[PDB]
Amino acid sequence: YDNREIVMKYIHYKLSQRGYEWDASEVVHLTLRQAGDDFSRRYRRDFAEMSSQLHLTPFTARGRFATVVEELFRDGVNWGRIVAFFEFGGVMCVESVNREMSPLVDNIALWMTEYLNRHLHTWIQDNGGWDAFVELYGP
Ligand SMILES: CC1(C)CCC(c2ccc(Cl)cc2)=C(CN2CCN(c3ccc(C(=O)NS(=O)(=O)c4ccc(N[C@H](CCN5CCOCC5)CSc5ccccc5)c(S(=O)(=O)C(F)(F)F)c4)cc3)CC2)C1
């Protein structure tokens with residue numbers, strides 16, 4: 001499955017729900033959206049803390065993203081951390097819009113796509129690909 005499309009559909013949906021029409025395998029997209037909503041409710045303190053402590057500006061966004069992503073996957077990968085990675089990118093995009101720095105969304109989407117293609121892709125494929133994530137979540 002194309003990771004770039006997965007990132008784009010995911011971010012696009014999150015922003016559209018804030019009235020922001022961003023100028024940017026259906027089961028996979030819907031499943032990821034649901035798993036991410038579940039993650040953010042089940043781990044609300046983490047979600048809420050990250051959201052309020054970003055201190056996001058165009059000068060720091062890339063460094064904050066790199067730092068958090070390296071910390072997230074430090075002890076290895078699992079599907080829950082992959083969902084957390086998407087929700088973190090979503091928090092970054094959402095905060096960028098809230099702070100009137102919406103152009104950052106494009107950079108964020110690229111960094112997410114790159115990290116998936118360069119660092120998560122092998123793990124994902126070794127686990128059977130996104131079909132495995134779909135099965136695990138249900139469908
Ligand atoms: C260092 C740093 C600061 C870095 C940055 C950062 C951070 C801070 C803010 C933000 Cl915003 C982002 C990141 C943190 C914060 N940290 C990040 C990691 N966090 C994790 C917490 C739990 C797991 C886990 O549990 N991982 S797991 O064991 O692999 C597993 C288990 C169950 C399910 N899904 C089930 C679904 C069951 N069905 C539902 C449908 O009805 C049928 C039954 C439950 S919902 C569900 C439950 C959990 C996850 C997703 C969905 C899935 S999953 O959905 O991915 C699936 F199923 F595999 F697909 C996978 C992995 C990591 C904890 C908090 C730390």
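Counting from 1, the numbers follow the sequence of the chain as shown. Values below: every heavy atom of this structure, side chains too, minus hydrogens, waters and symmetry copies. Whatever order the structure lists them in is the order used to number ligands and atoms, beginning at 1.
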Got a name for the drug at ligand 1? ABT-263
Main binding partner of ABT-263, per UniProt: Apoptosis regulator Bcl-2
Give, by chain and number, every residue with a heavy atom within 4.0 Å of ABT-263. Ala35, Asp38, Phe39, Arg42, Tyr43, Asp46, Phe47, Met50, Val68, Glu71, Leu72, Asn78, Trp79, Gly80, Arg81, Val83, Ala84, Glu87, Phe88, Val91, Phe133, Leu136, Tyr137
Which residue and atom name correspond to the protein heavy atom nearest atom 54 (O) of ABT-263, and how close is it? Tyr137 CD1, 3.5 Å
Counting non-hydrogen protein atoms only, what is the nearest one to atom 64 (C) of ABT-263? Give residue, atom name and distance. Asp46 OD2, 3.4 Å
So which heavy atom in the protein is nearest atom 22 (C) of ABT-263, and how far is it from that ligand atom? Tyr43 OH, 3.4 Å
Report the source organism for chain A from the entry. Homo sapiens
From atom 32 (C) of ABT-263, is the closest protein heavy-atom distance below 4.0 Å? no
Test item: protein heavy atom less than 4.0 Å from atom 2 (C) of ABT-263: no
Taking atom 10 (C) of ABT-263 as the reference point, the nearest protein heavy atom with its distance: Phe39 CE2, 3.9 Å
Tell me the protein heavy atom at minimum distance from atom 18 (C) of ABT-263, and give that distance in Å. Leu72 CD1, 4.0 Å
Give the residue and atom name of whichever protein heavy atom lies nearest to atom 44 (C) of ABT-263, and the separation in Å to one decimal. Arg42 NH1, 3.4 Å
Which protein heavy atom lies closest to atom 11 (Cl) of ABT-263, and at what distance to 0.1 Å? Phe47 CD1, 3.7 Å
To check your reading of the model: name the closest protein heavy atom to atom 53 (S) of ABT-263, its residue, and the distance in Å. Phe133 CE1, 4.1 Å
